[PDB]
Amino acid sequence: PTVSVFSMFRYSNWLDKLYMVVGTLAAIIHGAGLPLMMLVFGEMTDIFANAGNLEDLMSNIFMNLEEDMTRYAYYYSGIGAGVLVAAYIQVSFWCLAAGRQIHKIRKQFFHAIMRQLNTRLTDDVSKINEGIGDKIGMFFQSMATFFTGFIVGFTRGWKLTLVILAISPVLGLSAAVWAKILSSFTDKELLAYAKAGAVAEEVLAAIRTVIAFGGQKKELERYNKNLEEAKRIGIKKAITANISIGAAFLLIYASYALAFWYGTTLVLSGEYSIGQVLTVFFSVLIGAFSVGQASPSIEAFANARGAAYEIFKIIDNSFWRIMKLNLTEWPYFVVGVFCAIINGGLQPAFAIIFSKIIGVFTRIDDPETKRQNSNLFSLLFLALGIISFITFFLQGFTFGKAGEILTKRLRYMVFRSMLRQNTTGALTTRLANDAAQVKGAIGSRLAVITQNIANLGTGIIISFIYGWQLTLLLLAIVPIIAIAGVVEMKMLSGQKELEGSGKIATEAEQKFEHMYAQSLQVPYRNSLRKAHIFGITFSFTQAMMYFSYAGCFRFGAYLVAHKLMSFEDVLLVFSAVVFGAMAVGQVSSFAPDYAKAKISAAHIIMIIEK
Amino acid sequence: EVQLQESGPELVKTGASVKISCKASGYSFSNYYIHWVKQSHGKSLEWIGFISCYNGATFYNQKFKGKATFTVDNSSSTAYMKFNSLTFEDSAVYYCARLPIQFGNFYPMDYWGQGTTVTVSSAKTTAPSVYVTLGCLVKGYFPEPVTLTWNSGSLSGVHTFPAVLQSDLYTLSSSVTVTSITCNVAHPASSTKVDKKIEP
Amino acid sequence: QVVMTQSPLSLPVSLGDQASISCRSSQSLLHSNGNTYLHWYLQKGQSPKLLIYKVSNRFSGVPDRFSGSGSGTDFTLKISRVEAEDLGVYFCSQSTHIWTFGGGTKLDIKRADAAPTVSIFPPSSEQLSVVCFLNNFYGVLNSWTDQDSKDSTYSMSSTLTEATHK
Ligand SMILES: COc1cc2c(cc1OC)CN(CCc1ccc(NC(=O)c3cccc4c(=O)c5cccc(OC)c5[nH]c34)cc1)CC2
Ligand SMILES: COc1cc2c(cc1OC)CN(CCc1ccc(NC(=O)c3cccc4c(=O)c5cccc(OC)c5[nH]c34)cc1)CC2
Ligand SMILES: COc1cc2c(cc1OC)CN(CCc1ccc(NC(=O)c3cccc4c(=O)c5cccc(OC)c5[nH]c34)cc1)CC2
């Protein structure tokens, strides 16, 4: 049922093999870039901490802080430029190799299907594409991140690295389950409606018989009995997916708690420094998470090898009216909006707790007081994890249940109005998709906006309180950091121009295959251009995350040295603003097209009021 | 174990310079300051200053600014203190102690070095003059030490008193007590072995 | 600069008995955070070893004989059973206002008094200077031996280029 790993790439020529080799080297280099970033970040933290401790000591009785921070700005910018180049080459070369091979495969498959099966020519080649393209570069980049992170961890601190080893299996498993849930989310949504979509298609295809025999009140009940099961499956999915991702968040925050309790123990015993702790922790944790994230790649490669089997065998042989739709679910919406506020407000709460536990180690104090404060802040990390688990689950569950109730109701009354009466394909799409997207204009929009406000608005407010000069500087790059998060999630998710050439294939010798070949030219060139365009977009938004470090901490060195701020405040502002922009991007990448959703709702309301 | 091994005793000419070291072992060198402390004979210890074993940032007691200089070799994990234009008032024992950077003065100096004695003298190598209770007066020599024995370690009742500076020249005396004898004085730096017999 | 004063410059003790060494600062050692940073070290040609820190906390690996007390400008170090590995110089250290140290207190073995065996010596005439020897008791210069390890008395030599005892 699957082809060979070597036989998968039999249409690659010398240029494609070169693209793969150089794209894999660039992937290794790109993946090695975040652990080196954490190494540099730890050294910078230690510079700041030592300066702060010495100033605290000599209070009653920062000279070189800016000079020392220029070098680290250079290191940050160098890693950022290297990552820019390497990410560009990786993404670009892997997309180009995949595109050239998929083009040759499409042409060969249509030549062979006629030298002698439409799904095998439309969707199976797309499965091969999804398998042999970006995902392989992702996989090598994530393997490099894992290995480099663990090398940096063991070289900087093996004791703390071992303590985080004890946890890394669960972290990689959480990341794997998370990424798999994200990958298969829409497929499961389409699969739940399968049994009711069959009834819908078979009734709408024989509508004359139905309204002639008067079986409207019975086909409605068949559809309803299947809609109940679709809704139950949707509720179960809303429970399990959200409980899994909430458990992942809880595990991340508990890892913070544990690693920082142990690391602060090692720092108070004099054996480690706080920058050393930061380096080890962030390196090992990000590596362990990257491993998990690299499992959709293996699933996709296996699916590509599965899809290539058949092919190669053949070849070889009003927003207020819309909201009023979902009005009876105001309890779910109240609970969900409350939970979305509490969920968004966890990024600034984390910024505060993190900056405080690190600022404990940037000024001198009694060892007993330092132990007490470190214990308190580790406990606060754990409490953050518990709260995030609960609120994430509740937000997801309430909004998903309201969305399921609304979808079932909309499908039901849409079918009832079609029966109390426009091709059958259009009607089945109105029932399968248009009814399932009206929730995107209500609950999804509400959740995304509430969470993003409670996150970035609160972050920016407390950042203006703690350090307004740095907040003003970082506000200029907030849009690019948010877009970086959006682009990164779109790149991980792997997210029409072939429909024109689907006609020449659906119709069907040499002339037909020549017409098909000529029809493929425009989408071929479009994909070859999109490869470069997306490579450069991704690489630039990735490098901006590295340049944010340089800018923020050079200006923070200036401010700390001139006494306008402390390193704890610089850390708080960095965390809050920068990673709240990143979280805003990551959350907004789950919001559906509000325009398409309003259009779907308009069509649904037309059909219902007809 | 935490250990701070200091260099050995030093005898220096007046007005010269000497650098003494403190080699740390058994802990993370860069998480501590090394403080330097001076003790003259019969006086309280006296803080000279400290240097950060992370970046080499120093702080000097006002009395010692310009008189001493701290440096750090992070590779070998050693700290150095160097004097300039030594004078006799710098004859003392110098200790190094470590202090955690995280706690500052909210913590004791938990581990100390064993001390380096520094004798600043301008005199030149000089051979001693050797002049019931009996005794020898080994007067006017340099530098210490000087081995005194009675009848070549034959004897109890001895009382070798410490050496005392008398105008840049040590003196020493002994005391044997026996009811009703040779006196061997060995000065290596002068390579002398004088054996006087006491006569009434 | 805080000045630290140790009351007994020399403390004759007896093996197995008790000893108490006092320290007094010219200014209160209580910090604004509620802690008092006074530490006690022992010195023997070896390195000084930390015994007590922050008035009363015993350092890691220090026997239970050593204890510390005191409040502000008045502190004490008590040794409950003076063993034989305790004879040395104890000194206090403050780190509240900053580093200054106390003058040190030497522990000495106590024994019954004795009288000096004074002995005079005229110049050996091989030159002149006159030498007095004051043995086994409990332009001039003096030199004292340390306490004898066996009989545990002192000796004194005086040289010029009376004996006022108790
Ligand atoms: C493709 O899969 C999915 C698609 C959709 C949903 C769930 C899916 O999978 C479970 C939820 N729909 C309803 C709207 C809706 C409500 C709430 C949210 N708020 C969240 O925080 C969230 C919720 C689900 C997953 C994640 C993440 O993975 C995630 C990953 C990294 C970082 C994050 O934040 C910092 C993340 N935040 C979330 C988002 C969206 C929209 C479409
Ligand atoms: C407070 O500190 C921290 C907090 C956090 C982290 C680290 C911290 O400290 C270091 C890590 N974050 C990490 C967030 C986080 C999680 C999971 C992912 N995977 C993917 O998107 C993903 C991977 C592979 C395949 C696919 C798909 O086929 C796919 C298909 C459709 C839709 C998708 O999605 C929109 C898809 N997605 C993926 C990324 C990012 C969480 C919060
Ligand atoms: C050069 O920097 C970066 C570059 C890139 C990313 C992250 C970077 O920085 C960490 C995202 N990558 C993909 C994997 C990936 C995904 C998500 C994360 N989430 C977090 O780490 C994180 C989440 C929430 C809150 C915080 C903080 O409050 C925070 C505060 C201080 C320092 C931090 O971390 C050094 C912090 N982290 C976070 C990390 C890694 C690709 C590009």
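Each chain gets a letter, A, B and so on, in the order the sequences are listed, and its residues count up from 1. Atoms within a ligand are numbered from 1 in the order they appear, just like the ligands themselves. Side-chain atoms are counted along with the backbone in the values below, which use heavy atoms only and exclude waters and symmetry mates.
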Recorded drug name at ligand 2
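That would be elacridar.
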Which partner chain accounts for the most atom contacts with elacridar (ligand 2), named as in UniProt?
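It is most in contact with ATP-dependent translocase ABCB1.
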Any idea which other chains come under 4.0 Å from elacridar (ligand 2), counting heavy atoms?
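Other chains under 4.0 Å (heavy atoms): A.
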Which UniProt-annotated domain of chain A makes up the bulk of the interface with elacridar (ligand 2)?
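For elacridar (ligand 2), the UniProt domain is ABC transmembrane type-1 1.
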At a distance cut-off of 4.0 Å, which other ligands and ions come close to elacridar (ligand 2)?
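Those are ligand 1 (elacridar), ligand 3 (elacridar).
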Examine the proximity of elacridar (ligand 2) to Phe590(A) and report which part, side chain or backbone, both or neither, has a heavy atom under 4.0 Å away.
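The part of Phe590(A) near elacridar (ligand 2) is the side chain, not the backbone.
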Going by the order shown, which atoms of elacridar (ligand 2) are within less than 4.0 Å of some heavy atom of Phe249(A)?
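Listed by number with element: 42 (C).
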Per-atom contacts of elacridar (ligand 2) with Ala179(A), taking only distances under 4.0 Å to non-hydrogen atoms:
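That gives atoms 23 (C), 24 (C) of elacridar (ligand 2).
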Just heavy atoms, cut-off under 4.0 Å: does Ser183(A) contact elacridar (ligand 2) by side chain, backbone, both, or neither?
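Contact part for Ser183(A) vs elacridar (ligand 2): both backbone and side chain.
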Find the transmembrane segments of chain A near elacridar (ligand 2), meaning a heavy atom under 4.0 Å, and number them from the N terminus as in UniProt.
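UniProt transmembrane segments 3, 4, 5, 6, 7, 12 have a non-hydrogen atom under 4.0 Å.
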What is the residue-level binding site of elacridar (ligand 2) with heavy atoms closer than 4.0 Å?
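The heavy-atom contacts are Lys135(A), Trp178(A), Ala179(A), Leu182(A), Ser183(A), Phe249(A), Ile252(A), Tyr253(A), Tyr256(A), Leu285(A), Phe289(A), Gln293(A), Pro296(A), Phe350(A), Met489(A), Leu492(A), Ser493(A), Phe590(A).
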